[PDB]
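The following structure: fosmidomycin with 1-deoxy-D-xylulose 5-phosphate reductoisomerase.
Chain A is the first sequence line, chain B the second, and so forth, proteins listed ahead of strands; every chain is numbered from 1. Both ligands and their constituent atoms are indexed starting at 1 by order of listing. All heavy atoms count here, side chains included; hydrogens, waters and symmetry mates do not.
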Amino acid sequence: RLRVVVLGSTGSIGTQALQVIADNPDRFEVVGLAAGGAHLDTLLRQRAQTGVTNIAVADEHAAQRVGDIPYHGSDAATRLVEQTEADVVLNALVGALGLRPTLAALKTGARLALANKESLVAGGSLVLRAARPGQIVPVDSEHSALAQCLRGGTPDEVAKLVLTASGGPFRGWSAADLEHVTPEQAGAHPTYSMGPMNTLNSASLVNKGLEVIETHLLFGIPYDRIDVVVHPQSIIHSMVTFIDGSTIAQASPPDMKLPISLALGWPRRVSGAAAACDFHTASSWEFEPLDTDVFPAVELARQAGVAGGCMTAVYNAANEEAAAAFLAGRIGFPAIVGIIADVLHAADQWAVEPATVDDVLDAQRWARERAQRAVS
Amino acid sequence: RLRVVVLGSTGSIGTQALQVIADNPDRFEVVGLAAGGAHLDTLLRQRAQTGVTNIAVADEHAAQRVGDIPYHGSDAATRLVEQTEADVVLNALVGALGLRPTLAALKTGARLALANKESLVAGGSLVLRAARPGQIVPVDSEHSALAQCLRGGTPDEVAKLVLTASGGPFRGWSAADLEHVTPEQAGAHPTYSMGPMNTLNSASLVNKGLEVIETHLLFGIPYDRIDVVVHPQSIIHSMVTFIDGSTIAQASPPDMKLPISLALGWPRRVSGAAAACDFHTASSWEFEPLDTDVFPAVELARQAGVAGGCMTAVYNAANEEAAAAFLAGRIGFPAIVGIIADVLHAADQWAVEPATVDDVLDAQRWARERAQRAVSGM
Ligand SMILES: NC(=O)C1=CN([C@@H]2O[C@H](COP(=O)(O)OP(=O)(O)OC[C@H]3O[C@@H](n4cnc5c(N)ncnc54)[C@H](OP(=O)(O)O)[C@@H]3O)[C@@H](O)[C@H]2O)C=CC1
Ligand SMILES: NC(=O)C1=CN([C@@H]2O[C@H](COP(=O)(O)OP(=O)(O)OC[C@H]3O[C@@H](n4cnc5c(N)ncnc54)[C@H](OP(=O)(O)O)[C@@H]3O)[C@@H](O)[C@H]2O)C=CC1
Ligand SMILES: O=CN(O)CCCP(=O)(O)O
Ligand SMILES: O=CN(O)CCCP(=O)(O)O
Ligand SMILES: [Mn+2]
Ligand SMILES: [Mn+2]
């Protein structure tokens with residue numbers, strides 16, 4: 001029975017994870033929860049249902065309202081990870097703020113079931129140096145797919161890793177069409193129900209950019225051998241092409257419970273985690289290229305990744321600041337990626353490899369401040 | 001450098017295999033060829049291109065025209081296999097006549113790269129009992145796909161095997177429409193260029209039936225956990241569904257050189273064997289149910305397989321006889337599968353495991369006579 005800490009338990013991934021665990025008592029047990037404090041009703045229900053009071057709440061006043069909270073403050077999640085015996089830490093926090101808990105999870109020796117891609121993108125080589133082989137297991141569906149498909153050959157036989165992208169609500173739209181996009185319109189993802197950040201990032205295509213960096217970091221494949229194809233149904237979750245011309249693909253109706261279940265149970269599958277494809281009804285899986293002129297977020301992510309060092313932290317931190325500005329009505333939708341480009345292209349000093357967490361934090365601070373100057 | 005014997009070298013698969021070997025002289029060497037004698041100019045070219053004089057030709061007269069052929073007559077292919085040192089025998093013969101070469105190959109201890117699915121369908125447990133694990137490696141694209149996708153879990157984690165079928169030229173047709181099918185129409189496959197028999201069988205859906213039996217025999221998955229789905233593009237070659245709900249699929253533009261190369265090179269992939277999927281232009285992969293009312297060949301294959309023993313030899317033999325009658329204008333297209341069903345339903349005695357090859361041969365003889373009896377009544 002694996003002991004699981006769930007960071008960001010009240011969120012989209014976190015709540016789906018608690019459901020998988022609730023359905024599988026003989027294999028998993030919750031031993032800790034962390035949240036921000038914005039959803040106390042959810043947190044209350046989760047405390048009662050799991051019987052776990054080992055909980056972190058970032059916001060101090062929220063922690064007082066809910067009562068009986070052992071860790072509060074901006075370091076509460078990190079402290080929780082440091083002070084809880086666990087076999088798996090499921091990091092489902094949102095944003096680069098997942099960085100210290102990610103580093104702490106790796107130091108404990110526990111498996112890190114990583115949903116919080118921003119922590120790996122920001123940490124880069126610093127997070128890789130803190131992990132042992134196989135210690136980080138991806139929850140993100142593309143990387144879960146890739147890990148499964150890589151069982152299909154030897155390392156020297158892999159040609160390309162191919163990520164699928166839904167294309168978002170604005171698939172096929174012109175650059176001009178993006179001008180008057182509202183937060184409401186950006187909020188309507190075609191295939192997944194998610195928190196507001198991954199929703200916005202999937203609309204701007206920054207999510208797929210983050211995922212290209214995540215792919216390079218997790219699997220050690222060169223950027224030039226990572227492809228991205230737009231697949232509107234989000235049924236094929238990604239695929240691997242081998243040197244003989246064969247492709248192996250992983251597929252299922254979009255439901256994050258499946259990759260969540262596998263990250264927890266790895267390498268053993270979890271019976272009944274999610275519905276399989278049903279071929280008793282006619283259907284079709286479509287594929288099309290991404291228009292890189294309209295959506296250059298992925299090319300920008302490749303540029304950031306190839307530069308390496310703290311540049312991937314810069315890419316993500318510029319996004320976090322610019323996205324927030326869009327959500328607040330201070331900038332238009334195209335300015336999100338426009339600001340990322342501007343910040344990235346001014347960031348040559350950050351191509352250096354981080355020695356400690358503080359180097360990544362510095363790079364992020366620099367990027368946010370510059371993005372903020374672009375906004376105003 | 002693997003020494004390969006290529007049976008059925010002048011055919012669709014055989015010619016494609018020779019090209020893969022030609023393109024990869026560091027990996028493979030042809031050391032034997034077998035053919036029927038119908039394509040002599042092809043065989044002349046192959047002898048010259050490979051430098052191999054170690055050749056079997058089934059038709060004696062044909063063998064004379066080629067000249068200098070060491071093995072000739074109906075057992076020529078089998079004798080070639082028994083007397084040629086090799087690492088891999090690629091059996092790309094067509095029909096149940098591939099049975100004795102398949103058994104002889106297994107006995108040599110060499111890998112059997114099996115394109116000739118009929119020999120396994122006919123031999124059933126007899127062929128399985130002749131083989132060691134990994135010794136039979138499928139050239140058939142569906143089974144090559146399944147083999148690859150099965151690397152994606154442990155055996156108890158497998159829920160279903162899902163085979164794709166092109167649907168053939170008559171996909172979507174009614175039973176009434178099928179009555180009017182000509183041999184010429186049934187010779188036009190949507191996705192693969194093949195010899196006449198697999199082309200016909202893919203149009204009648206008997207090919208998918210044979211492949212369902214082949215799946216059960218190769219992988220040990222029960223018939224009721226083998227699905228078939230119609231996929232008109234033939235890009236996804238087959239898929240495995242696991243107990244968590246995950247499906248793993250193998251895909252490529254249809255090109256038999258890919259599964260041929262893998263079967264020869266197993267478990268090592270052959271660089272550059274075939275083109276990969278390209279996503280630079282918009283495309284669609286479609287799936288739809290098979291119309292089992294109009295096309296019961298797969299259901300009848302399951303029935304035969306479930307019955308077991310010699311019943312799968314009966315299924316295939318009834319098809320070979322009925323198929324040839326349709327080609328000769330002796331019956332209409334729907335009567336192919338109609339005769340298969342009639343023969344199967346009278347075949348209760350053949351649901352016993354074959355002890356020897358002769359048991360299989362007896363069941364096949366019985367089945368052909370029964371099919372001919374049905375044919376002569378039409
Ligand atoms: N949702 C999805 O399907 C997918 C998500 N991902 C990735 O998984 C991660 C989680 O995303 P998602 O579940 O959508 O996010 P949500 O916004 O739904 O959830 C965020 C979680 O983090 C908590 N949180 C927010 N700020 C803080 C803080 N300062 N300290 C501690 N906890 C905090 C929230 O708690 P509260 O709200 O209670 O304050 C909530 O539990 C993201 O990295 C995302 O990119 C990846 C692929 C798919
Ligand atoms: N073609 C394809 O893409 C696929 C084929 N297969 C299977 O592979 C096998 C071969 O199919 P395919 O290549 O299309 O068939 P073809 O009809 O194209 O080739 C048949 C081959 O067998 C030879 N042959 C015929 N009779 C005899 C005999 N009595 N003794 C020795 N050789 C003989 C023929 O020689 P000749 O013509 O010179 O007399 C020819 O070389 C079949 O079992 C088929 O179902 C499976 C999947 C795909
Ligand atoms: O793994 C699942 N997701 O990343 C949800 C977002 C999918 P998209 O970025 O392709 O729209
Ligand atoms: O493996 C390849 N084939 O069997 C070619 C026939 C394809 P079909 O039976 O699905 O039409
Ligand atoms: Mn993802
Ligand atoms: Mn086939």
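Lab note - all copies counted, fosmidomycin located at ligands 3 and 4. Other chains with one or more heavy atoms under 4.0 Å from any atom of fosmidomycin (ligand 3): A. Using a 4.0 Å heavy-atom cutoff, A/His237 is absent from the residues neighbouring fosmidomycin (ligand 3). Scanning the protein for heavy atoms near atom 1 (O) of fosmidomycin (ligand 3), the closest one is A/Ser141 OG, 2.7 Å.
Listed by atom number, the atoms of fosmidomycin (ligand 3) under 4.0 Å from A/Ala165 heavy atoms are 10 (O). Lab note: no covalent bond from fosmidomycin (ligand 3) to a chain modeled. Where the criterion is an N or O separation shorter than 3.5 Å, residue side chain and backbone included, A/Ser234 fails it with respect to fosmidomycin (ligand 3).
Listed by number with element, the atoms of fosmidomycin (ligand 3) under 4.0 angstrom from any heavy atom of A/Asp140 are 1 (O), 2 (C), 4 (O). Every atom of fosmidomycin (ligand 3) with a heavy atom of A/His189 under 4.0 Å away is listed here by number and element: 8 (P), 11 (O). Fosmidomycin (ligand 3) places these atoms under 4.0 Å from at least one heavy atom of A/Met194: 5 (C), 6 (C).
If you number the atoms of fosmidomycin (ligand 3) from 1 as listed, the ones under 4.0 Å from a heavy atom of A/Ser166 come out as 8 (P), 10 (O), 11 (O). Below 3.5 Å of separation, one finds an N or O of A/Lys208 facing an N or O of fosmidomycin (ligand 3). Looking at atom 4 (O) of fosmidomycin (ligand 3), its nearest protein heavy atom turns out to be A/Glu211 OE2, 2.8 Å.
The deposit credits the origin of chain A to Mycobacterium tuberculosis.
Counting only non-hydrogen atoms, the option in A/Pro138, A/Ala203, A/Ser202 that gets closest to atom 8 (P) of fosmidomycin (ligand 3) is A/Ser202.
Taking every non-hydrogen atom of A/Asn207 and a distance limit under 4.0 Å, the qualifying atoms of fosmidomycin (ligand 3) come out as 4 (O), 6 (C), 9 (O).
For fosmidomycin (ligand 3), the residues with heavy atoms nearer than 4.0 Å are A/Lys117, A/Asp140, A/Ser141, A/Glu142, A/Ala165, A/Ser166, A/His189, A/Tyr192, A/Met194, A/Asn198, A/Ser202, A/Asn207, A/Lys208, A/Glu211, A/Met256.
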May I have a table of the N/O to N/O pairs between fosmidomycin (ligand 3) and the protein that fall below 3.5 Å, each row giving the two atom names and the distance to 0.1 Å?
| from | atom 1 | to | atom 2 | distance (Å) |
| --- | --- | --- | --- | --- |
| fosmidomycin (ligand 3) | 1 (O) | A/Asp140 | OD1 | 3.0 |
| fosmidomycin (ligand 3) | 1 (O) | A/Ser141 | N | 3.2 |
| fosmidomycin (ligand 3) | 1 (O) | A/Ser141 | OG | 2.7 |
| fosmidomycin (ligand 3) | 1 (O) | A/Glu142 | OE1 | 3.3 |
| fosmidomycin (ligand 3) | 4 (O) | A/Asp140 | OD1 | 3.3 |
| fosmidomycin (ligand 3) | 4 (O) | A/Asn207 | ND2 | 3.3 |
| fosmidomycin (ligand 3) | 4 (O) | A/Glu211 | OE2 | 2.8 |
| fosmidomycin (ligand 3) | 9 (O) | A/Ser202 | OG | 2.7 |
| fosmidomycin (ligand 3) | 9 (O) | A/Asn207 | ND2 | 2.8 |
| fosmidomycin (ligand 3) | 9 (O) | A/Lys208 | NZ | 3.4 |
| fosmidomycin (ligand 3) | 10 (O) | A/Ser166 | N | 2.8 |
| fosmidomycin (ligand 3) | 10 (O) | A/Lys208 | NZ | 2.8 |
| fosmidomycin (ligand 3) | 11 (O) | A/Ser166 | OG | 2.5 |
| fosmidomycin (ligand 3) | 11 (O) | A/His189 | NE2 | 2.6 |
| fosmidomycin (ligand 3) | 11 (O) | A/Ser202 | OG | 3.3 |

